[PDB]
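Taking it in order: structure first as structure tokens, then the write-up.
Sequence lines map to chains A, B, C, ... one by one, in the order shown. Chain A is numbered as in the PDB entry; the shown residues are, in order, 670-918. Numbers in chain B track the PDB entry; the residues on display, in order, are 96-107. No hydrogens, no waters, no symmetry mates; every other heavy atom, side chains included, goes into these values. All ligand and atom numbering here is 1-based and tracks the order in the structure.
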Amino acid sequence: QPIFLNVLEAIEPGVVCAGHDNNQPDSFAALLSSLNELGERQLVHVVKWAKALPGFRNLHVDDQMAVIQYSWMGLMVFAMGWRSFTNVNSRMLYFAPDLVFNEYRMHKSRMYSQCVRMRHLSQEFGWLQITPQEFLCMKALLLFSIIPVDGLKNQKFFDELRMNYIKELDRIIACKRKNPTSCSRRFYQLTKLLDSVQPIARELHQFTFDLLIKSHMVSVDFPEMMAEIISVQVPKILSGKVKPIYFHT
Amino acid sequence: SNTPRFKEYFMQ
Ligand SMILES: C[C@]12CCC(=O)C[C@@H]1CC[C@@H]1[C@@H]2CC[C@]2(C)[C@@H](O)CC[C@@H]12
């Protein structure tokens, strides 16, 4: 049935502005402070979106908060890549309507290499001809793609939920495909794409952590929730206590 | 909680 997709389309977050003053110079401090503010603003929408996902409330409340705190980077990068693909044909990084990165900003932000990887991800939506439905299901699955090595409060409930979202992705593929071999090829492609998000998120996790530690010395502002989650949960990822769930080796 | 701000917003 279209119920699952009806829900995902219904809860998809709308446009979010960074509040960036485009009249000011493209300095490291200004660009990163605006990216951080955008992060806080998007985090609010990720929370509301997540709480409205089918079966999400079945997870222990502490696990609900944990998975959002571990996966927000990947979720936001994936969504930004989609915005960039649909808006500027992946030509530039469309973080927000008021915060679009060109080559100069990529350099000034001091994360040019990471921006290059994000652009590559954005382009994949075009090369693979990802449909809005495939994008929506893949994004939902990203929320359930990173957990503690020791497990969650109620790991069994999480494993069941994750399995159901993989099932939904399989269904969206089999929707317009009679041949099973073509379905297998598509599923391989989509899982490969999903895996590719993790190394990018990891580089950004490292970058934002190092930035938070020296933020006072570089005049970069971090909103309250961002500073909280980056100092408490991000280090768990960087130290290996929390790891992404990869489909492929 | 180590993330009191996030938790407060989430719990609302
Ligand atoms: C998630 C955000 C903001 C939301 C988005 O569109 C993707 C983008 C990816 C880079 C992140 C940024 C939030 C702030 C961060 C984490 C900076 O501190 C360094 C990397 C930035």
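Going by contact count, the macromolecule most engaged with ligand 1 is what UniProt calls Androgen receptor.
The molecule at ligand 1 is the drug dihydrotestosterone. Contact chains for dihydrotestosterone (ligand 1) (heavy atom under 4.0 Å, other chains only): A. Closest protein heavy atom to atom 11 (C) of dihydrotestosterone (ligand 1): A/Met742 SD, 4.3 Å. Looking at atom 12 (C) of dihydrotestosterone (ligand 1), its nearest protein heavy atom turns out to be A/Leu704 O, 4.0 Å.
The contact set between dihydrotestosterone (ligand 1) and A/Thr877, taken as ligand atoms under 4.0 Å from a residue heavy atom, comprises 16 (C), 17 (C), 18 (O), 19 (C). Contacts between A/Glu872 and dihydrotestosterone (ligand 1), counted as non-hydrogen atom pairs separated by less than 4.0 Å, are absent for every part of the residue. Which parts of dihydrotestosterone (ligand 1) touch A/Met895 is read off a 4.0 Å heavy-atom cut-off, strictly below it: atoms 13 (C), 14 (C). Residue contact check: A/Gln711 has heavy atoms under 4.0 Å from atoms 4 (C), 5 (C), 6 (O) of dihydrotestosterone (ligand 1).
Of the protein's heavy atoms, none falls inside 4.0 Å of atom 21 (C) of dihydrotestosterone (ligand 1). Within the structure, dihydrotestosterone (ligand 1) lacks A/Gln783 among the residues with a heavy atom less than 4.0 angstrom away. Residues of chain A that UniProt gives as binding 17beta-hydroxy-5alpha-androstan-3-one and that have a heavy atom less than 4.0 Å from dihydrotestosterone (ligand 1): A/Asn705, A/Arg752, A/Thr877. For atom 2 (C) of dihydrotestosterone (ligand 1), the nearest protein heavy atom lies 4.0 Å away or farther.
Per UniProt, the domain of chain A home to most contacts with dihydrotestosterone (ligand 1) is NR LBD. For atom 14 (C) of dihydrotestosterone (ligand 1), the closest non-hydrogen atom on the protein side is A/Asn705 OD1, 3.3 Å.
The distance from dihydrotestosterone (ligand 1) to the heavy atoms of A/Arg752 drops below 4.0 Å at these ligand atoms: 6 (O). The A/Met749 neighbourhood of dihydrotestosterone (ligand 1) comprises atoms 6 (O), with distances under 4.0 Å to a heavy atom of that residue. Other-chain residues and nucleotides with a heavy atom under 4.0 Å from dihydrotestosterone (ligand 1) are A/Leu701, A/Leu704, A/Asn705, A/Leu707, A/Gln711, A/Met742, A/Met745, A/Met749, A/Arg752, A/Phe764, A/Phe876, A/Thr877, A/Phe891, A/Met895.
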With the criterion set at N/O pairs under 3.5 Å, what does the list of contacts between the protein and dihydrotestosterone (ligand 1) look like, atom names and distances included?
from: dihydrotestosterone (ligand 1); atom 1: 6 (O); to: A/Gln711; atom 2: OE1; distance (Å): 3.4
from: dihydrotestosterone (ligand 1); atom 1: 6 (O); to: A/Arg752; atom 2: NH2; distance (Å): 3.0
from: dihydrotestosterone (ligand 1); atom 1: 18 (O); to: A/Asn705; atom 2: OD1; distance (Å): 2.7
from: dihydrotestosterone (ligand 1); atom 1: 18 (O); to: A/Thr877; atom 2: OG1; distance (Å): 2.8

